[PDB]
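Structural view - tazobactam (bound form) in its complex with beta-lactamase.
Counting begins at 1 with the first residue of the sequence. Any value given below was found using the heavy atoms of this structure, including those in side chains, with hydrogens, waters and symmetry copies removed. Just follow the structure's listing: the first ligand is 1, and inside any ligand the first atom is 1.
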Amino acid sequence: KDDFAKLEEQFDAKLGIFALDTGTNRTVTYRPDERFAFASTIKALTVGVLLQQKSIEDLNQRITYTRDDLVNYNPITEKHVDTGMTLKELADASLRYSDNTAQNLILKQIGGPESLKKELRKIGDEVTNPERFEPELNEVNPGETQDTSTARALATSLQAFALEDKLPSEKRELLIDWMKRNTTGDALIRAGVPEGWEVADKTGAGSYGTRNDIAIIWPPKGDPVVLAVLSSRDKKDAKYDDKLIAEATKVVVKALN
Ligand SMILES: *C(=O)/C=C/N[C@@H](C(=O)O)[C@](C)(Cn1ccnn1)[SH](=O)=O
């Protein structure tokens with residue numbers, strides 16, 4: 001646990017780590033049960049739940065929306081107000097670009113934050129606590145439990161949809177394929193794994209310099225590793241440093257080797 005403490009001192013941040021080798025049941029933990037704002041990592045679990053409810057052809061359904069439906073950061077969705085987008089394309093934009101309107105439209109389709117919460121409780125996640133849409137969910141103050149979870153619960157919930165029987169294999173593959181092709185995580189978990197390791201991740205960023213990455217990772221040979229790396233800082237307007245997540249990942253890899 002001293003390598004993580006030194007990282008917490010170097011980057012002046014609090015770290016939350018849970019890693020599991022699905023093949024050996026070896027874990028690496030550090031503040032595994034401390035709450036952090038989940039931020040955009042919730043996008044992964046939201047698509048997890050959508051996949052539970054929608055058939056593949058349901059995903060071809062066109063969703064119309066307006067300029068007023070758009071929020072702060074909509075890289076894909078703002079470009080398609082006139083024509084709408086299929087659920088499939090919204091999931092793609094939400095996961096790989098972290099498009100906030102895409103997320104919000106998907107969350108509405110599943111019934112809103114309380115419905116997402118209920119579905120997570122059903123799969124045994126008693127920790128994750130969604131209450132809000134994007135971008136307001138990204139802002140969580142100290143001591144608050146709204147829109148928070150833990151390294152352990154995020155990893156376990158991600159593990160549930162991507163690797164266990166919470167989704168049938170084809171839908172697992174679809175989720176994994178989107179997350180493999182994520183565009184926002186090059187400097188995080190991806191930067192901390194050895195050459196030839198495959199990564200499917202979702203990133204998050206929030207107030208208090210909160211910087212998260214959750215992933216399934218595959219060594220060259222062997223079973224996948226489930227990893228959540230969460231972080232926050234003590235000032236509301238703090239900047240995060242991606243190098244903290246990359247280095248923490250390197251510690252996880254070393255400890256698992
Ligand atoms: C999901 O994690 C999306 C996060 N968006 C952040 C960000 O990228 O830092 C925005 C754009 C800015 N931000 C950070 C903290 N509070 N606002 S916004 O969508 O929250």
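In this structure, the ligands or chains belonging to tazobactam (bound form) are ligand 1. When only interatomic distances are considered, the shortest N/O to N/O separation between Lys43 and tazobactam (bound form, ligand 1) does not fall below 3.5 Å.
In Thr210, neither the side chain nor the backbone holds a heavy atom less than 4.0 Å from any atom of tazobactam (bound form, ligand 1). The distance from tazobactam (bound form, ligand 1) to the heavy atoms of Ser207 drops below 4.0 Å at these ligand atoms: 15 (C).
For atom 17 (N) of tazobactam (bound form, ligand 1), the protein comes within 4.0 Å by no heavy atom at all.
Below 4.0 Å from some heavy atom of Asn100 lie the following atoms of tazobactam (bound form, ligand 1), by number and element: 19 (O). Residue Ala39 approaches tazobactam (bound form, ligand 1) through these ligand atoms, each under 4.0 Å from one of its heavy atoms: 2 (O). Near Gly204, the atoms of tazobactam (bound form, ligand 1) lying under 4.0 angstrom from a non-hydrogen atom of the residue are 2 (O). Every atom of tazobactam (bound form, ligand 1) with a heavy atom of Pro135 under 4.0 Å away is listed here by number and element: 19 (O). Distance check for atom 12 (C) of tazobactam (bound form, ligand 1): every protein heavy atom is found at 4.0 Å or beyond. Proximity annotation for atom 15 (C) of tazobactam (bound form, ligand 1): of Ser40, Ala37, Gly206, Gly206 comes nearest, heavy atoms only. Nearest to atom 10 (C) of tazobactam (bound form, ligand 1) among the protein's heavy atoms is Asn72 ND2, 4.3 Å. The organism reported in the entry as the source of chain A is Bacillus licheniformis. For atom 20 (O) of tazobactam (bound form, ligand 1), the closest heavy atom belonging to the protein is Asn138 ND2, 2.9 Å. In terms of polar-atom proximity, defined here as any N/O pair under 3.5 Å, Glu139 makes no such contact with tazobactam (bound form, ligand 1). The model ties tazobactam (bound form, ligand 1) to the chain through a covalent bond at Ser40 OG. Put simply, atom 5 (N) of tazobactam (bound form, ligand 1) has protein non-hydrogen atoms near it, under 4.0 Å away. When only interatomic distances are considered, the shortest N/O to N/O separation between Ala205 and tazobactam (bound form, ligand 1) falls below 3.5 Å. Around tazobactam (bound form, ligand 1), within 4.0 Å by heavy-atom distance, are found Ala39, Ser40, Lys43, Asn72, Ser98, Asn100, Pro135, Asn138, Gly204, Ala205, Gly206, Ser207.
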